[PDB]
Chemist: 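Consider the following structure, which includes ciclosporin.
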Amino acid sequence: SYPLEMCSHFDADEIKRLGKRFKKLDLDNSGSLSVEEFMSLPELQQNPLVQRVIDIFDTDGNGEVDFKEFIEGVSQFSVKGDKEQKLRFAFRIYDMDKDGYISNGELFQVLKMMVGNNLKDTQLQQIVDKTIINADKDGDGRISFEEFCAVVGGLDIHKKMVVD
Amino acid sequence: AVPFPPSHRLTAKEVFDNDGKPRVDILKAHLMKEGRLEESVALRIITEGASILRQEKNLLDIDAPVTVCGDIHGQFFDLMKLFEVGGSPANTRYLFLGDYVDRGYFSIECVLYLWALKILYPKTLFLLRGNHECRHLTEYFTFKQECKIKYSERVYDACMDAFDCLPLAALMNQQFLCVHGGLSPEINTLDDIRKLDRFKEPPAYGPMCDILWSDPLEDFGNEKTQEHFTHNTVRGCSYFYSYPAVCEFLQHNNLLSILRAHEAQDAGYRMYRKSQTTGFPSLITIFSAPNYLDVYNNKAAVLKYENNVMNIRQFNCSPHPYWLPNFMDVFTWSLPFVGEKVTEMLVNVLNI
Amino acid sequence: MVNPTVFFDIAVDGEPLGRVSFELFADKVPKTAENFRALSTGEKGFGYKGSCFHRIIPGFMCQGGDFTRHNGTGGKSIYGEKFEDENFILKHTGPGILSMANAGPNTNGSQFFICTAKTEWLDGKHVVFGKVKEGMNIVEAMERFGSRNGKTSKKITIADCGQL
Amino acid sequence: XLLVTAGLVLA
Ligand SMILES: [Ca+2]
Ligand SMILES: [Ca+2]
Ligand SMILES: [Ca+2]
Ligand SMILES: [Ca+2]
């Protein structure tokens, strides 16, 4: 009992199919996806961005992705998604504490997970610095979703963040 | 713990003293924290020194005691050391054989500083023209884009006009022909060079292109033929001169040796075959860019010709601030990586 | 066994430029070698045929092998997402040496570069596994469509490829 | 610089 409310681009059929994959991933059948359950896929153990996505899919910060969260997060990539929505998702890969601003420490932390050790921390930090300096058009020492948009707009990476 | 670049852009007053003289110790310090000078400030320096350059002869005449330098290629912090090694230019006669831009990512800094120092000591410090002092190469390489990131397209233009005033060569202590590239099938006497019109983008052929672009034969000194010039398949232009070509120009011109940069040397220099007449190296190459491109692991070197002693000073690379390719910003940089891995994750998650 | 000889029929914008063969050193790094062999044939279902060289830096090397994303972010081995670093027995000694591109240690996918110079700073970091047996002149020709940022001006394609 | 990476091209 009790309908489940959720905002998404999918029709009833697509909500059912994804409803099945969610059950298969739901190891302990608890109605919510855990990281160990996410990491159950081998292709995902070799991905530095899994935890970022998951914390982005996790809207109510309880460490699990329930069905509403899973659907609505898989929806950001729906081919039907606009341009802004796909940047927004990208913007979120950087804003860790979800305050709507990418910080100097946050930009460093995220980047490091991806670059790892092919860059001394000193090197990564410098370019993080230099990146925020030219992009901080308001001088608040951090990047806004707008400033972010001003630097990555014509890259068109949102066209790649599409799944079926 | 990582020093952070200085937001304040130097002023005319902070750069030039009341007599109009450049305050080089001030300048030099700002530049090492990666700082910049207000556009005009820079443009002034760039234009003041080019006037001094347009006034100088195609072939300079420089008297020992002198310190000769090779390519610098934007490695600003390897320049700061070349100066600690070659001695204060307040009390030392210099001569850079060219290539101060492109390759390294601090090409403008080098330029601004070397230009400011040409102003301050116009009768001691001498700069020549290198292959990289020209539109066609700075467009392909990162100087142009560099200029636009740090400054503007105007500054880049200021420089391009300047470079056209760079002396094509120098006759050092009446014994050496100091060039960047090499000889020309068309340049037989020191007089020929004097007749050339140098104020232009180097031609895609001819004596000026050859001055700047000629290279000695890979087997220079032991070539199997007494042939002089053969087209440079390495540069794709100009020529590969030979040991005979050189000794014929040297003798005819009563010169001792040729001193050029242009090619990278693991030791930061290279002495070529000794002239049968003199027993001195007919040709000398000198590279002043240590650990070129950050991976060559090559030593750098200046040449010090004093008290009838040509002493080769070698130095190693020094530390410099990181910079992604084409002065890219970390978002442009990682967004493709991000947009692929997240795509990748969902794709495995939905194919569950 | 014997060392396999593959080939690539390169094409510039569709127009055939010529063929490039390679001697694979399975006698040293048999696994990596195989990986390149199988992707040349297509015999595992997915391969080099039709792919391009997205990054060509003149006087340095020709990087290719991304048959999934076509920009340097993708590609996969016959063995899965990627496979370990076999060994660094062979070193980059000069033009024609084939080796694997990667994103750190143990990340060999399907990308590789044909050297056009002696790149020793790569020794110990990237896996050398093959060499251009014939057609070096064709590789030199591909260099012309390159730039110092890797980007090409004409699409350099692997029109056809296989084993000899 | 002169490196051959797949994802995060370096200097
Ligand atoms: Ca569960
Ligand atoms: Ca949740
Ligand atoms: Ca934040
Ligand atoms: Ca800001």
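Below, read A as the first sequence line, B as the second, and so on, with proteins coming before strands; counting in each chain starts at 1. Non-standard residues are represented by the parent amino acid or X, and atoms in excess of the parent are not counted as contacts. These numbers come from the heavy atoms of this one structure, side chains and all, not from hydrogens, waters or symmetry mates.
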Chemist: Hmm, which bits of this model belong to ciclosporin?
Modeler: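 Counting every copy, chain D.
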Chemist: Counting heavy-atom pairs within 4.5 Å, which chain has the most contacts with ciclosporin, and what does the PDB entry call it?
Modeler: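 It has the most contacts with peptidyl-prolyl CIS-trans isomerase A.
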Chemist: Which other polymer chains sit within a heavy-atom distance below 4.5 Å of ciclosporin?
Modeler: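 Based on heavy atoms, that gives A, B, C.
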Chemist: Name chain A exactly as the entry does.
Modeler: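 According to the deposit, calcineurin B subunit isoform 1.
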Chemist: Which organism is cited as the source of chain C in this PDB entry?
Modeler: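 Per the PDB entry, it is Homo sapiens.
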Chemist: I'd love to know which UniProt domain in chain C has the most residues in contact with ciclosporin.
Modeler: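 Most contacts come from the UniProt domain PPIase cyclophilin-type.
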Chemist: Which residues count as the binding site of ciclosporin under a heavy-atom cut-off of 4.5 Å?
Modeler: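 The heavy-atom cut-off picks out A:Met114, A:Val115, A:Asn118, A:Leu119, B:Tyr105, B:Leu293, B:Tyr322, B:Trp323, B:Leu324, B:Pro325, B:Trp333, B:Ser334, B:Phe337, C:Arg55, C:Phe60, C:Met61, C:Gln63, C:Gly72, C:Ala101, C:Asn102, C:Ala103, C:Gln111, C:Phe113, C:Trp121, C:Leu122, C:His126, C:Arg148.
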Chemist: Please list residues of ciclosporin in contact with chain C, heavy atoms under 4.5 Å.
Modeler: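 By heavy atoms under 4.5 Å, they are D:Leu2, D:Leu3, D:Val4, D:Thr5, D:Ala6, D:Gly7, D:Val9.
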Chemist: Mind checking what the entry calls chain D for me?
Modeler: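 Entry name: cyclosporin A.
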